[PDB]
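Structure, AG-270 included.
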There are 2 protein chains.
Amino acid sequence: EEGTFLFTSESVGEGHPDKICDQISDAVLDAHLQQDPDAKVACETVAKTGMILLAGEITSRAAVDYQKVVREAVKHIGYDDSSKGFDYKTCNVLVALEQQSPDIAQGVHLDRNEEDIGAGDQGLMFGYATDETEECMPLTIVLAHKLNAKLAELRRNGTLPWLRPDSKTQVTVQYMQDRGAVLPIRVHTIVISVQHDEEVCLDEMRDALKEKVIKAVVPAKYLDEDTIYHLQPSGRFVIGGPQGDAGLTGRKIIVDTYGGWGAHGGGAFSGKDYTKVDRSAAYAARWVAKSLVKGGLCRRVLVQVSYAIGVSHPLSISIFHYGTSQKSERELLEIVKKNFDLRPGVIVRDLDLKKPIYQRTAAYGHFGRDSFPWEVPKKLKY
Amino acid sequence: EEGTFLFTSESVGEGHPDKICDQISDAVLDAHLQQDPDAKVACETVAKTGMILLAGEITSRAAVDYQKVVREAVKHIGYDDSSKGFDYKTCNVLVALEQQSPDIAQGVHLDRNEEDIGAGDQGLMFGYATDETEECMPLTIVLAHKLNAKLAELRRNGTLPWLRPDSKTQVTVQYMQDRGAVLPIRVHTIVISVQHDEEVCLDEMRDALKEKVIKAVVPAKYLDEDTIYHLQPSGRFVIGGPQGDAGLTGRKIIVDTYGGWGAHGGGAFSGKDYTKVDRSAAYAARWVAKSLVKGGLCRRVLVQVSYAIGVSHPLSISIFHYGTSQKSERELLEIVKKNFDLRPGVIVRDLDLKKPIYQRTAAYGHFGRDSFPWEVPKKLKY
Ligand SMILES: COc1ccc(-c2c(Nc3ccccn3)[nH]c3c(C4=CCCCC4)c(-c4ccccc4)nn3c2=O)cc1
Ligand SMILES: COc1ccc(-c2c(Nc3ccccn3)[nH]c3c(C4=CCCCC4)c(-c4ccccc4)nn3c2=O)cc1
Ligand SMILES: C[S@@+](CC[C@H](N)C(=O)[O-])C[C@H]1O[C@@H](n2cnc3c(N)ncnc32)[C@H](O)[C@@H]1O
Ligand SMILES: C[S@@+](CC[C@H](N)C(=O)[O-])C[C@H]1O[C@@H](n2cnc3c(N)ncnc32)[C@H](O)[C@@H]1O
Ligand SMILES: [Cl-]
Ligand SMILES: [Cl-]
Ligand SMILES: [Cl-]
Ligand SMILES: [Cl-]
């Protein structure tokens, strides 16, 4: 119908090779933070057949056993046997980690008061919130994440023992306009691809994916006789994980955020401590956006911030409310400036960003879940 | 003023470590395509001190000397001596490349007519165009790219011989609304950080960056006494390239596209042949968007497509014109469907995507430059 449109988002499972890397990078970060809350961490992970490589820069007082940390993360994901294509017990773990560049350290944080630490890099970051779900997230990405979580649940509980950890999902929703906001109408198309054992047949998989995965996740009111299902569309997915496709940290940044809604500034989250504004300022911007929506000021909002390396205050803060506020964007920006301090050395205090909770963020999206500090709205004064 | 806002985009130079990886990945792709136009290539590159690692999946009839291809790419970028932190002559080149998964091959392209080849993965992709510049790109990202290009020019011509290849820039523009379109007013803030030799002092660098870089790129009509300049804001950037910061392919996807404008579906471009719709469908979507703007149908437009692995036709196509067309989005979508075929096996023909031109795309953005096929608008019939 006129005024309607389709929009698609995707998500991936815990054993998707890029997500393996994000989780390992954040397991490394958490291990450092457990011993040194001020650790400077920039840990990239690369995964291919039989290999996890850590590359990057860490300056920390912690003593971290990288072999143990990496292998325990892979064990948790479920890659525990050569029959599955990857095994935490027997893979190669290679480490190419150096100290943080002293030139960066001197320009960012050396001899600086914590509240006045400089941004760890330049960059731009966005925060988004939408009233279309209680958790202020787009329905497309929420459903896509939940489909992957359901696969992992049914794998771990033994219901569908042919499942393996590598999966991808994609959800297309038909939306209608509503005064600048968007309203989901129906699910138009669902894709699910998941790695599987050599014995199970395609028809058994497709039936299970429809009846035990989709129907257990997606409300029936969104599904109808016209909904299109692409279930195991490649026909065979026995080879998977890093053996099927190289993984790298920071290659699922749209899955990690809003599924394509809002906007993205390009920076990856995993493997980075709070001085890297790619993560901390994106978390703070989500917190601002969600606070504006939960505060009743907007129904939908996009916030941009930006930084220069070594400079503590943002270079720019901007807000767009899609026509969903009675207040001008100028007024909302004044409210934001009166209620939030987006220096990284203040964000760290407000969002408790030295705490080792980051591995938990590294699958199923960083936003919309589990009442992390950036998901608890701030009560606004104005 | 009310109705105005700030917006920031960034770009990076040819020697930025992530961009080094993109360029190497596409040098590898081009080397394969020179000998085997049908090569299946998924080449990731990782860079750290003294190391280029290639990881991924290639099935090809070509005989490629990876040592030579990698080292020649690094030579071109300018890393030719240990004094600069990296040297093509003496770095380590490690290769962890396997064949493409046979399970992918059978589901995507084996025994398929070329026009009916399946998408090489699921995913979503966007194309964007804006009439604010002749090349239909946002001014923020165009200026940011041009600042990095100017640095490389002045490095290569010996004017500023203290420059090294690793650089980043960022441009904040004040915009005003214009009937759904956006109109740039002035440059609010510029950041430039660039790697340099041990001898040159900060004041010499800052003066040169203002007088010989910014003033040679940014029209004076956009600069005024209030413009803020953050030039070498870290104070020291002698350590750079992969030694200062690990690089990975596909970690500059917003730099590669629209600088944060429009939208992004998450997929990286470099190192991938045309069957990977992350690249080919994003290129085709840019071509659609630019064709609509150059055709006079819109002033600003965002196109989304999406795919399932193994399926040739897009699962969804959607268009949003920001209120800048007299035609409804429904009508524009009908025009697009009548004029474009977004199957990957047709895109390859329309955009000549077996030709080895990809290394040229891998710095300074994939869009808005050099009349690549996706930048030449299609004449639309309706
Ligand atoms: C008066 O009330 C409203 C409420 C919403 C909108 C609106 C909208 N209407 C629409 C109507 C018919 C057909 C297509 N579209 N379409 C979109 C999109 C897109 C949709 C499909 C392609 C891709 C971008 C987006 C968007 C999504 C992600 C990232 C960036 C932008 N926003 N958006 C909107 O706000 C307009 C007016
Ligand atoms: C009637 O004519 C128009 C023309 C343009 C707009 C408009 C707009 N007005 C605006 C006015 C005052 C203050 C802030 N904003 N602000 C934006 C933004 C953003 C701006 C700053 C934060 C981040 C997103 C974006 C956008 C950019 C990148 C990615 C996604 C969305 N689009 N956008 C628009 O279209 C509205 C009406
Ligand atoms: C399709 S692979 C990307 C293309 C691949 N690099 C190549 O060489 O063609 C991308 C992701 O899809 C999933 N995948 C891998 N093998 C697959 C298969 N046989 N069927 C469906 N999806 C698959 C995995 O999640 C993988 O990380
Ligand atoms: C600042 S580094 C990212 C943080 C880094 N990984 C760490 O360990 O803190 C990101 C990019 O900024 C640039 N960069 C590196 N050293 C820098 C310095 N001393 N001053 C300014 N920018 C620098 C390079 O382009 C590099 O790829
Ligand atoms: Cl992927
Ligand atoms: Cl949006
Ligand atoms: Cl970077
Ligand atoms: Cl935009």
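A, B, ... follow the sequence lines: proteins, then strands. Residue 1 opens every chain. Start at 1 and go down the list; that is how both ligands and their atoms are numbered. Values reported hereafter were calculated over all heavy atoms of this structure, with side chains retained and with hydrogens, waters and symmetry mates removed. According to its header, the structure was obtained by X-ray crystallography, 1.3 Å.
The ligands or chains that make up AG-270 in this structure: ligands 1 and 2. Of the chains near AG-270 (ligand 2), the one making the most contacts is recorded in UniProt as S-adenosylmethionine synthase isoform type-2. Other chains whose heavy atoms approach AG-270 (ligand 2) within less than 4.0 Å: A, B.
Heavy-atom contacts of AG-270 (ligand 2) within 4.0 Å involve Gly262(A), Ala263(A), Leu302(A), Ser318(A), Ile319(A), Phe320(A), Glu329(A), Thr4(B), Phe5(B), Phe7(B), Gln177(B), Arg179(B), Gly180(B), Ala181(B), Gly260(B), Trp261(B), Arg300(B).
Of the residues UniProt lists as binding Mg(2+) in chain B, a heavy atom under 4.0 Å from AG-270 (ligand 2) is found for none. Among protein heavy atoms, atom 12 (C) of AG-270 (ligand 2) sits closest to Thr4(B) O, 3.7 Å. In this structure, atom 4 (C) of AG-270 (ligand 2) lies nearest to the protein heavy atom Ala181(B) O, 3.4 Å. Measured from AG-270 (ligand 2), other ligands and ions fall under 4.0 Å in these cases: ligand 8 (chloride ion). Every N/O-N/O distance between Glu329(A) and AG-270 (ligand 2) stays at or above 3.5 Å. Of the protein's non-hydrogen atoms, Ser318(A) CB, 3.5 Å is the one closest to atom 21 (C) of AG-270 (ligand 2). In terms of protein heavy-atom proximity, atom 29 (C) of AG-270 (ligand 2) is nearest to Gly260(B) O, 3.3 Å. The single protein non-hydrogen atom nearest to atom 19 (C) of AG-270 (ligand 2) is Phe320(A) CB, 3.7 Å, given as residue, atom name and distance. With respect to atom 20 (C) of AG-270 (ligand 2), the closest heavy atom belonging to the protein is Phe5(B) CD1, 3.5 Å. Here the protein heavy atom with the shortest distance to atom 31 (C) of AG-270 (ligand 2) is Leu302(A) CD2, 3.8 Å. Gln177(B) CG, 3.7 Å is the protein heavy atom nearest to atom 5 (C) of AG-270 (ligand 2). Ligand-side atoms of AG-270 (ligand 2) in range of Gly180(B): 1 (C), 2 (O), 3 (C), 4 (C), range being under 4.0 angstrom from any heavy atom. Residue-ligand proximity, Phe7(B) to AG-270 (ligand 2), at heavy-atom distances under 4.0 Å covers atoms 27 (C), 28 (C).
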